[PDB]
Participant: 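Structure: Neuraminidase in complex with laninamivir.
Proteins come first, then strands; the chains are lettered A, B, ... in the order of their sequence lines, and each starts at number 1. Just so you know, ligand 1 is whichever comes first in the structure, and atom 1 is the first atom listed for that ligand. Method of determination (from the header): X-ray crystallography, 1.6 Å. Values below: all heavy atoms of this structure, side chains included; hydrogens, waters and symmetry mates excluded.
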Number of protein chains: 4
Amino acid sequence: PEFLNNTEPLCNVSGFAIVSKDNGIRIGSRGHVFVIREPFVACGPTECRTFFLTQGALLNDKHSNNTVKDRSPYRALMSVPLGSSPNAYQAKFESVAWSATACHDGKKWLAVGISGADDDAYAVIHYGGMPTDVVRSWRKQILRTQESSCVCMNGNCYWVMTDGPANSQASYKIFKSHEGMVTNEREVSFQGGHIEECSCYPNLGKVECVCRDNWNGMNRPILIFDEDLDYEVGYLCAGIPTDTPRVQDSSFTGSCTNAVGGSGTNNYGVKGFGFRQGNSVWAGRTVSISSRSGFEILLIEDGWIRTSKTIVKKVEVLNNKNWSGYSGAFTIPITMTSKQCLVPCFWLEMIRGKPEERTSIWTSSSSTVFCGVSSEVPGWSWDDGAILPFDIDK
Amino acid sequence: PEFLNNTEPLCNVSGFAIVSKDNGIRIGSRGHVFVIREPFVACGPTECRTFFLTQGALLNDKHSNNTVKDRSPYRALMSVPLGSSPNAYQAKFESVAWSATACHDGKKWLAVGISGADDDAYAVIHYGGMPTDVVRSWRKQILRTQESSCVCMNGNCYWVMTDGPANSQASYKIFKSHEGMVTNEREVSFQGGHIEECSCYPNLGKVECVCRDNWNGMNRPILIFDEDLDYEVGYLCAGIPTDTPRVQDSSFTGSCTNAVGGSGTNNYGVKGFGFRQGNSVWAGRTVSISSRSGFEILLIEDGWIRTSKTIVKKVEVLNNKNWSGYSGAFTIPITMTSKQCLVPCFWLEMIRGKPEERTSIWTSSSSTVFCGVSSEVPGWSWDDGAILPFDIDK
Amino acid sequence: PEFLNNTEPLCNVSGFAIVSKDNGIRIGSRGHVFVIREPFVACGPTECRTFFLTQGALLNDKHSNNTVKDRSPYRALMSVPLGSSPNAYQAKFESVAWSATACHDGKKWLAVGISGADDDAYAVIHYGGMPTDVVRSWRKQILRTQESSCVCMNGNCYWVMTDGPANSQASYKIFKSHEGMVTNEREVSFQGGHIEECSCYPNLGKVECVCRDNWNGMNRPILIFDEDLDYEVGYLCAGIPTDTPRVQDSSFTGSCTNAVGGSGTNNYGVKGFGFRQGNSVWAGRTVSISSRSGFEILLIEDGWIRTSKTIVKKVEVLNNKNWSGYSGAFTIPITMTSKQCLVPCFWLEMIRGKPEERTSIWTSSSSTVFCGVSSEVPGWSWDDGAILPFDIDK
Amino acid sequence: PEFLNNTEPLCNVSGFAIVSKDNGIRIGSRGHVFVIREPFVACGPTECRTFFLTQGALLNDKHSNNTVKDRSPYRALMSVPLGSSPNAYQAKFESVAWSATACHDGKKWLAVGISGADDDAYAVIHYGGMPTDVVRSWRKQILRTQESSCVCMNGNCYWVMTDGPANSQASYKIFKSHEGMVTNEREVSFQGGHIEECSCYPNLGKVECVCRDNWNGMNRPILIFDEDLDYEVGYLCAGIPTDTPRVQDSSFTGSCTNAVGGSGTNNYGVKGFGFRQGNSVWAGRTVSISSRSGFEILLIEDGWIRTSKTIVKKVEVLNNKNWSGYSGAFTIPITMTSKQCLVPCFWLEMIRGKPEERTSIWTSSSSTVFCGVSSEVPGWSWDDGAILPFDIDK
Ligand SMILES: CO[C@@H]([C@@H]1OC(C(=O)O)=C[C@H](NC(=N)N)[C@H]1NC(C)=O)[C@H](O)CO
Ligand SMILES: CO[C@@H]([C@@H]1OC(C(=O)O)=C[C@H](NC(=N)N)[C@H]1NC(C)=O)[C@H](O)CO
Ligand SMILES: CO[C@@H]([C@@H]1OC(C(=O)O)=C[C@H](NC(=N)N)[C@H]1NC(C)=O)[C@H](O)CO
Ligand SMILES: CO[C@@H]([C@@H]1OC(C(=O)O)=C[C@H](NC(=N)N)[C@H]1NC(C)=O)[C@H](O)CO
Ligand SMILES: *[C@@H]1O[C@H](CO)[C@@H](O)[C@H](O)[C@H]1NC(C)=O
Ligand SMILES: *[C@@H]1O[C@H](CO)[C@@H](O)[C@H](O)[C@H]1NC(C)=O
Ligand SMILES: *[C@@H]1O[C@H](CO)[C@@H](O)[C@H](O)[C@H]1NC(C)=O
Ligand SMILES: *[C@@H]1O[C@H](CO)[C@@H](O)[C@H](O)[C@H]1NC(C)=O
Ligand SMILES: *[C@@H]1O[C@H](CO)[C@@H](O)[C@H](O)[C@H]1NC(C)=O
Ligand SMILES: *[C@@H]1O[C@H](CO)[C@@H](O)[C@H](O)[C@H]1NC(C)=O
Ligand SMILES: *[C@@H]1O[C@H](CO)[C@@H](O)[C@H](O)[C@H]1NC(C)=O
Ligand SMILES: *[C@@H]1O[C@H](CO)[C@@H](O)[C@H](O)[C@H]1NC(C)=O
Ligand SMILES: [Ca+2]
Ligand SMILES: [Ca+2]
Ligand SMILES: [Ca+2]
Ligand SMILES: [Ca+2]
């Protein structure tokens, strides 16, 4: 086993093809499937896996009550092979966690899981299934991380964490690790900005992240850093807002540097992603400007470098009559593709239950996964598909 | 790992011995088993696997309602070891799919799964579990494929697809791939003919296919092609019709070149198979001429080359009091047999529920699998065996 | 991988220690566990597995109705790791089968499974999971085999089959195979004798079998053969009868050559085992002389060579207040023990339901497994432990 | 594969970070999870596993009735990957057992399981899944062992067993084994002392054990021995009692040599652990002095060598409003950590049901696991989390 380089350029893609759909909630109507949320995908040299935060309880069981709640001692990071339901018998335990990130360095799996009290949480770093290091909360205010794949290059793995208020200035840090040990860290200066739940991917030896601003921005923060943790921080330049909530495109003016908000969009957001394509960008967003429903991906001409409103391509993978949720980025390594570039992929979380579906006592999600290809691909609507309410709700 | 040659001659066999029976629906009365249809078997260097199209739902669950329906965003191609039920905890996710084919090239599994809207579907090609390529619908009319094993020879894998009307002239294409990338394609000129759901196998370096004509033929199309995708197309010469519906043998006159139909047999069919045996042929068919019930296999003397009605051997593996369905061909590679020829095998789908059993809200199937041997083997009736209706039907 | 020699002498043992108990029926009260019977154990170079004949149905499900029945198209030979319940998600499919034997030659698993009609059954031989050969019924009267491990030595695997009446003179054959192909066979001349369900093991390069006489003998047939299939046949000499039904010891006089019966013991029996120990023998038997209840193993001084009634050791592993059933022999290869002799082990089937427990609609069994050790070991009573009737019975 | 040295010094640690939580009882409300107790963790070269004693029955099933009972023929030692629920489909069978220990020598798993009658029990030693040796009861009074990981160094594995009265002078023995064969044993002279359920770990080539005195001591016995089975025996010197029941710290005076008890603490106890840290000690204990509730770990300055009451650090991992139970020690080998010292870890059993929760008919437990790290780590309360009573209790 050797470390994955992962220093190749990101592939330029013209479309996204569906790779998997787990149908976990449909299956969990009768099968034994964890209540989850915050799923994500990460790939190693030979396989991709779906990670997720369980609620330490199964669908259609009484312990699924009140699972809209974000943090508890019962939540765990676990994984299954890509496409499998997050079920009770295939799930691989990764970490105790109510917030997490994971990735593969070419030799072993790295998993970072945060648990503990809101005012004194800590991340446990697991490497090859063994606990190796810890990161303590430095602001004592809900230490939290990506809820998507971290990035490994040349044997070093990188991720972003936040600590501090949800709706005002917080603290943002980049971490570097080798074989599960933290070897470097850097605080990101971002006055007036807010960074959470970064979706990051490798691109020509740098880590590029598209994040969530839960404060004053309906545009998404962009964070780019190198192996030294030297960084650039700002916002996705595009004159098309991609957070939720947001306003209609025509009411929005882009900015490369400033959080753009107001108009009832402040103080919330949703995890999302984008992929740089030279000077352009593929960016995902919910179809609804106000709720987590529908999902589409847009190719915005020069959207990485200027306040462009030029949409070159748009593909819908979930119509606005169906519930979405988080989305995130990952890449497929050269060892699986034999290519000279890294294939950009994204996953989509489809949340069922509370708060949108009040007649259910629970909250869970299922996923779809899509990967970039060199040609245009039609969209469709691959919805969660579960019929609610469930037995336990009656 | 090396590519499988698969250029050996097909074995001549005198009988078919039962290899497996999954009893999936019986088990699914209580166990957690997917609702499926369109099962098939494919073999790699070291194991054979049963593939199937799920309905993204389990037996005896409410989500099994209306599963007679052919296409949805919830259907997936998955696999289990040969003989296992298609259950929720062993199933390996292969592709999103409401139509599919899969095979092993000696190094990795190839899976081709079609999803999307009827008027803009696309196949995603998965190789070693990674998405590698896409094939878009070229006629925008339910792009569809074999529902059985594709064929790999010398590192290249081949399959047949159709796009166009179900009951009139459509378009038929052969595809060639290497490591999951389409490297060649050829449209098959077949005016007045109709090709669907080809059952294909290697024979002395060529691919031989026996298909379904859903238009004017109660006889089965034969398609034979080489590595260049140069092809011969026509019908199984035998003066014994093997599609369903069909007429009694004595009311049928064979043709090597023309669809032979009429007499209330037009506009439907069922997936089936045949194996060339020199100039003769082993061909499967339902026992009923009008419904998918019973199953028998016939050795027809010179049936590959002339309109022979001479039945040399006949073996029944399912009596006409029990439901059948699709059947398909595969081969066992030399790496498992140590032989100098490729062993012909077939599987049989046994459909339960709608439309024949109206008191059930669902449709699924189970399977039996048989392989050719050098001696005569007695038949029997290995029926699905489930007792309907199920709990969910009441 | 190399073929196992298995030509070492059988170990002399002074006691039997419990190795596993699967508790399958207890577990199956709620878990998803096959209805089975005729379990047995066989060992490969690196693991031992429990094989069993399913009824193609799960415990506590309606399809378990009438599972007292011996033969159906739904029965399959499957296996799990030693000690596991025969459950729906770990079970490995081996063969379609209502009668079977299996063993490992050092390179691959051999499984022989008989299915088909009573008057035209056939065994399918599976090697490394691939069908390799067939054995047809030669008397057309319920072709049947050991229901325990076959024996492999130097790359050749051997087993015994019977065809003919259950309660009068039948036909008995020994088979030799290499890589799943039958390479030799020999009919055993045994006029007035009856052989079924042989429990066989290797001992100094010969195969020694202890069988069931279902005709005129309450003593057990002994069959010993070499690689040429040259054989000796007779009865266990001991003046202690070990079949069930039988009479009390004091009413029995042994014979090395003749079936000894009468006194209401004719026309039935139970699968059992014995291990030669020089001139002595370890022999198992039910505690009850009339029913399949309790289980004990006896060391009979010189019991292999003369009509001895001298019981040197007796160990009970199941008291007579609990149901037993079949028992059978296997050995542990040198590759697992590092010893110079083959360790004798036995398994015990504990049948629940019909016919002894009439208030249940089903019949299944669970198992315990014991291996010989160089010292005396106390007995106990490790009963099935399930509480009947089950939910499905009400 | 080579034998693990395991002769390194134990790491000095300043805190304990949570590594896993299985949530087994929560999951078992709907999933198929064994009723268990006496869980423990042991690590091999490449993975850690959770071992447990099942009751041969599943949660929420009628066979869970009366599982407060300690010993039966249905109990088995099984294992799952660290963090998994002890479920019906992942559980690996290890030994028949109502008392057990297990560990990995670098090449294979060793498992020691005791079953049989109270007055004639015996341990079966399993090595690489094969039975290798037996240890008989020498006092004929509930032969019993650690209920936690044994210790392997340089290819030899060591464990402690007890035989004799629960509440008066018993007999205590140390065992040494190589490849599953007992190669040495030594009786420990400890007049007036009582040793049960030792928690042992390697430290600089010696085995250090912290045990339970079920007779006259509310302080814990310490047993230290070398490869010759030469030993030192006494009590944890600290002037802080760590058994349960016990008295408040201020009412206790330590002793290195004598059982300190009385004040209603005699004749009971609970399995616990401690780790030497030079002259100091990390010791676990329930928060309650009288019941198995809460759990905390204390660093006591010089507590290994003198009657110190100086508590340097205290971390609570379970508050006193929640049920605890047994706790035990294990280490992570250098092959997983790349360190020069052995990482000390502990697990915590959280018992639900009888006797504390009388409205449940059953008793089971779940676990949390923590490993030592080089920095201080905050505590929290990671409770079992199941909501009782369960369905089966109503
Ligand atoms: C507190 O809410 C944060 C998180 O947001 C939400 C949500 O669906 O929007 C899900 C998470 N749930 C979990 N990851 N478990 C959160 N993050 C946490 C740590 O609660 C937010 O980003 C503001 O800080
Ligand atoms: C539309 O019907 C087609 C297919 O036929 C049927 C059937 O049981 O006969 C099952 C399929 N179900 C699936 N493979 N899911 C079909 N094929 C599709 C793509 O629907 C037919 O061959 C005509 O074009
Ligand atoms: C027909 O009865 C035979 C078998 O005996 C019985 C029984 O519990 O005694 C179980 C078997 N069940 C299965 N192996 N399935 C039988 N053997 C068969 C082939 O039915 C007997 O040995 C006489 O020929
Ligand atoms: C008899 O009680 C002993 C054991 O203690 C208890 C308990 O929760 O305290 C659990 C065990 N349960 C099991 N390991 N199954 C016991 N040990 C046994 C062998 O019963 C005790 O240590 C006195 O000898
Ligand atoms: C969920 O919690 C609410 C509030 O306690 C309760 O009223 C309801 O009955 C619970 N549902 C279940 C299934 O326990
Ligand atoms: C992607 O496109 C950009 C803009 O044309 C170009 O600079 C870059 O080389 C491309 N990357 C790859 C991997 O083709
Ligand atoms: C199946 O669908 C039909 C039509 O909506 C409905 O009447 C019936 O109740 C459904 N059955 C179940 C179990 O949901
Ligand atoms: C099969 O039979 C045909 C016709 O006799 C013959 O040409 C061919 O060689 C045979 N194939 C094999 C593999 O034996
Ligand atoms: C079992 O079969 C008998 C006879 O047909 C029937 O009376 C009984 O109801 C069946 N039990 C179940 C659970 O189907
Ligand atoms: C078993 O005992 C017999 C009788 O003493 C003896 O001939 C034989 O050598 C022994 N076998 C072994 C393997 O010790
Ligand atoms: C548990 O055992 C008691 C005593 O026999 C009995 O009263 C109770 O009904 C049992 N509960 C169950 C679920 O069997
Ligand atoms: C642990 O600390 C003790 C006391 O200072 C010291 O003697 C020992 O060397 C330390 N062990 C390690 C592995 O650092
Ligand atoms: Ca926002
Ligand atoms: Ca037709
Ligand atoms: Ca008899
Ligand atoms: Ca005590």
Participant: What ligand or chain labels cover laninamivir here?
Facilitator: ligands 1, 2, 3 and 4
Participant: Tell me which other chains have a heavy atom under 4.0 Å from laninamivir (ligand 2).
Facilitator: B
Participant: Give the residue list for laninamivir (ligand 2), heavy-atom cut-off 4.0 Å.
Facilitator: B:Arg37, B:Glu38, B:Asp70, B:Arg71, B:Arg75, B:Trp98, B:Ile142, B:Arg144, B:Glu147, B:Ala166, B:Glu196, B:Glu197, B:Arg212, B:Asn214, B:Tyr268, B:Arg292, B:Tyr326
Participant: Write down the species the deposit gives for chain B.
Facilitator: Influenza A virus
Participant: When you measure from atom 21 (C) of laninamivir (ligand 2) to every protein heavy atom, which one gives the shortest distance, and what is it?
Facilitator: B:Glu196 OE1, 3.5 Å
Participant: Closer than 4.0 Å to some heavy atom of B:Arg292 - which atoms of laninamivir (ligand 2) meet that?
Facilitator: 7 (C), 8 (O), 9 (O)
Participant: Against heavy atoms of B:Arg75, which atoms of laninamivir (ligand 2) measure under 4.0 Å?
Facilitator: 15 (N)
Participant: For atom 2 (O) of laninamivir (ligand 2), what's the nearest protein heavy atom and its distance?
Facilitator: B:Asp70 OD2, 4.3 Å
Participant: Of all the non-hydrogen atoms in the protein, which one sits nearest to atom 16 (C) of laninamivir (ligand 2), and at what distance?
Facilitator: B:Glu197 OE2, 4.0 Å
Participant: I need the atoms of laninamivir (ligand 2) closer than 4.0 Å to a non-hydrogen atom of B:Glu147, numbered in the order shown.
Facilitator: 14 (N)
Participant: Quick test: of every protein heavy atom, which one is nearest to atom 5 (O) of laninamivir (ligand 2), and how far off is it to 0.1 Å?
Facilitator: B:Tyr326 OH, 3.0 Å
Participant: Heavy atoms of the protein only: does one fall short of 4.0 Å from atom 7 (C) of laninamivir (ligand 2)?
Facilitator: yes
Participant: To which protein heavy atom is atom 15 (N) of laninamivir (ligand 2) closest, and what is the distance rounded to 0.1 Å?
Facilitator: B:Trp98 O, 2.8 Å
Participant: Can you list the atoms of laninamivir (ligand 2) that are under 4.0 Å from a heavy atom of B:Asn214?
Facilitator: 23 (C)
Participant: In the protein, what heavy atom is nearest to atom 18 (C) of laninamivir (ligand 2), and what distance, to one decimal place, separates them?
Facilitator: B:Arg71 NH1, 3.9 Å
